[PDB]
Structure formats: C-alpha cells, structure tokens
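Drug on board: BIRB 796.
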Amino acid sequence: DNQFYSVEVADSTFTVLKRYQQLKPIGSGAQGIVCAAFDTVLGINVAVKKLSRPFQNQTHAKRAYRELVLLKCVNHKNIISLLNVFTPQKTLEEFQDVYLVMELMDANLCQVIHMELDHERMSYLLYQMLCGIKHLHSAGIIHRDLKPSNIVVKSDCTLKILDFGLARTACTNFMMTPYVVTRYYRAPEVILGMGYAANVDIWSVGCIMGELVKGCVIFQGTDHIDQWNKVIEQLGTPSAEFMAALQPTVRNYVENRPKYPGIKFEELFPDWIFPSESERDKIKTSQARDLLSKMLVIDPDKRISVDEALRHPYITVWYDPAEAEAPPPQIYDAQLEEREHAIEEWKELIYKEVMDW
Ligand SMILES: Cc1ccc(-n2nc(C(C)(C)C)cc2NC(=O)Nc2ccc(OCCN3CCOCC3)c3ccccc23)cc1
C-alpha cells in the first residue's frame, strides 16, 4: 500500500489518497460528509465527499448507488464532474467507504443573489444553467431540486449544477455554505401532486432568475399549501384546462381559493430593478422579462422548454453548439436501482461501480 493516510474529520475518519491534503469539513449529514482539500497532484483545491458504509441499510445503499450511476451518465462543464472516485479498502469482503472528488468552486448562487449583476453576467449564468439542464434532461435526469444552493460558481462567472442533499438530521448537520429550502423553487404541478415532466426544472430556473433580479425569493410560502397562494397571487388563477388535470380533492381545494387576475410582468418585474444605464440595457431588460414570463407559467404545457429558452434573444448571445448541444454518454436507467437487493448485493454493486470508475 502506502497510498493512503488517515485524518480525524468531524466525528469520523477520512482515509484518502496522500495526494489530498489539508482537509477541512465544509458540509455534513446522515448520507455524507464533504471536506475541502488541496489536490497536490492537480495543484488545485478540491471537495471530497465521503459516503460512510453506504450499504449499512437499504435507504443508504440505494442513494449511494443512484449517486454513482447518475454521475456516470453526465459529462458537461455546467454539471458536477467527478475528478476521482476511490475506496481505501482493497477487497469486497472488507469494502466500507466511498470517496467522491470534484473541483472546489468559489461560492454558491445564494452568495451571488445580492450582488449588482449586469445583463451580461445574468444572461451568462442563465445560459450555463440552461446548458446544464438540457444535458441532464437528455440524460433522462430531472433534477427536481434546482435552487440557488445547488448551483456553484467561480470568479470567472462559470457555473455548475450539483445536488448537495446529505439527508441532514439535527445531530449530523453542519454547513460552511448557505442552504435554502427546495419549497420556494417547486413547480405548481409538484405542489399540487400532479405528476410532472422535465420542465419542472424550467420553473425552478425562472424562480432563480427572478430572485437574481429582485434579490428576494419570488414565491416565499410558509408551507406547501401556502406556496400555491403565493403563486396565484402574482401569476393569477390558472385555467380550467389546467385545473382539469388535478385530482378531485386538490381540484376542489384549488377552485375554492379567492380568484386572482394576476399581476402584469411589467409591474411584477419593473424596469428599475433591472440594469438601465444604456439603451441596450433597455432592450435586454425587455428580453429578460419576456423570458421570465415564459418560465413562470403555472401550466407546464404552456411553459417554455429548455430548447426554446436557449434560443431566446436574452440567452442566444452566448450560444455555442459545443456547449448547448453536447450529448450525455448515456441515458439514466433506473432498473438496477429499483431492483430489490439484500445488503450484500448492494455492497457488491456499489463496489463494482467504484472499481470500474
Ligand atoms: C442521493 C443523491 C443522488 C444524486 C445526487 N446528485 N445528483 C446530481 C445531478 C442531478 C446534478 C446529476 C449530482 C449529485 N451529486 C452531487 O452533487 N454530489 C456532491 C454534492 C456536493 C458536493 O460538495 C458540495 C460543496 N461545494 C463543492 C463545490 O465547491 C464548493 C463547495 C460534492 C463534493 C464531492 C463529490 C460530490 C458532491 C446527490 C445525492
């Protein structure tokens, strides 16, 4: 051996390749622990996620296996890409821990929202988000949890989408980065229990987009019921056509709420909150608002697609087919994940996935 060394991190032990130095805990939960580290070989800072014996039970096992498999299906600069996957254990019989390495970014979108962004920066961030989303969707992956804390950035305005769910509990949780609840970013079709398609993510991008402008959460409801009130208060009561797709109980609840005409987007998102130094900013403001009005549509059938959004005048200035059309290596298949496995089998599946990386 002599490849691995151990360090005390949290209430645990990180046994990692000697190339990873200066480990500092930055995130913790029941499903995983993330440290910042310096990669001496790459000469860069990295983030190392430890999954501690992910096979310990059925819930942990399926989540560890799903993570490894999902990350196997993606290959895009605007999505988390693994620099390394390893285990310090040498055989299956003794296999215990899995370590995932990614590039350390500078900040998450939470820390970007209350900065003075211009149209060029805003449209570029949005462009990258859309590129990332398009890649995921073509890989058969709906994120479902697109929110500012799941989006990471560097000082050059480059951006990546990830999923920093660690199944956090009272004892386990610790964060060196801001967190925000998913609720504010859930599409109405999710809220109302409708069953959904990939464009739930487009709704989330519109919420994120609006927040980048206003500096405040767009639909800040106290709970899932209240989210709906905040949606209709601004966008207005949805169509009978939309309500017809609801289950009878949810349908009647929705029909019982006060009727709202909806606020004009020129009024919800006024010129003054946008950059306006030049005549060209005025043009860009109109484009941004138009794109916003097409993402924040209650009915997913009437909501803009990622394809259309990438072609929108606000976004298309950045369009490069090498980025916005890059295909994923394969489409995610949930078959082996949704198979039932004894713990020993999950152990071997996860093991093989690591050794194969
Ligand atoms: C159960 C489960 C299943 C799937 C996922 N999942 N799904 C996706 C898609 C949808 C985007 C493909 C991605 C992921 N997984 C992740 O995004 N995992 C990670 C999150 C946060 C991290 O570190 C955050 C710290 N941050 C890193 C960037 O630099 C600043 C600090 C990580 C650090 C190292 C390795 C993995 C990390 C997650 C969980």
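Chain A is numbered as in the PDB entry; shown residues: 7-363, in order. Order of appearance sets the numbers: ligands from 1, and atoms from 1 within every ligand.
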Legend entry - Largest contact partner of BIRB 796 in terms of UniProt: Mitogen-activated protein kinase 9
Inset, instruction - Please list the residues near BIRB 796, using 4.0 Å as the heavy-atom limit. - result: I32, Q37, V40, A53, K55, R69, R72, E73, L76, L77, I86, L106, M108, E109, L110, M111, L142, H149, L168, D169, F170
Inset, instruction - Could you find the nearest protein heavy atom to atom 21 (C) of BIRB 796 and give me its residue, atom name and distance? - result: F170 CD1, 3.5 Å
Inset, instruction - Tell me the organism the entry assigns to chain A. - result: Homo sapiens
Inset, instruction - Enumerate the atoms of BIRB 796 whose separation from the nearest heavy atom of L142 is less than 4.0 angstrom. - result: 12 (C)
Inset, instruction - Could you tell me the residue and atom name of the protein heavy atom closest to atom 15 (N) of BIRB 796, and the distance to it rounded to 0.1 Å? - result: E73 OE2, 2.8 Å
Inset, instruction - Decide whether an N or O pair under 3.5 Å exists between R69 and BIRB 796. - result: no
Inset, instruction - Decide whether an N or O pair under 3.5 Å exists between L77 and BIRB 796. - result: no
Legend entry - Identity and separation of the nearest protein heavy atom to atom 27 (C) of BIRB 796: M108 SD, 3.8 Å
Inset, instruction - Report the nearest UniProt active-site residue of chain A to BIRB 796, with heavy-atom distance to 1 Å. - result: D151, 8 Å
Inset, instruction - Determine, using UniProt annotations, which domain of chain A has most residues touching BIRB 796. - result: Protein kinase
Inset, instruction - State whether the shortest distance between N or O atoms of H149 and N or O atoms of BIRB 796 falls below 3.5 angstrom. - result: no
Legend entry - Heavy-atom proximity to BIRB 796 under 4.0 Å: UniProt ATP-binding residues of chain A: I32, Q37, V40, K55
Legend entry - atom 17 (O) of BIRB 796 touched by protein (heavy atom, under 4.0 Å): yes
Inset, instruction - May I ask you to identify the nearest protein heavy atom to atom 14 (C) of BIRB 796, giving residue, atom name and distance to one decimal place in Å? - result: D169 CB, 3.7 Å
Inset, instruction - Write out the residue and atom name of the closest protein heavy atom to atom 36 (C) of BIRB 796, then the distance separating them to 0.1 Å. - result: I86 CD1, 3.6 Å
Inset, instruction - Number the atoms of BIRB 796 from 1 as they appear, then name those within less than 4.0 Å of a heavy atom of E109, with their elements. - result: 28 (C), 29 (O)
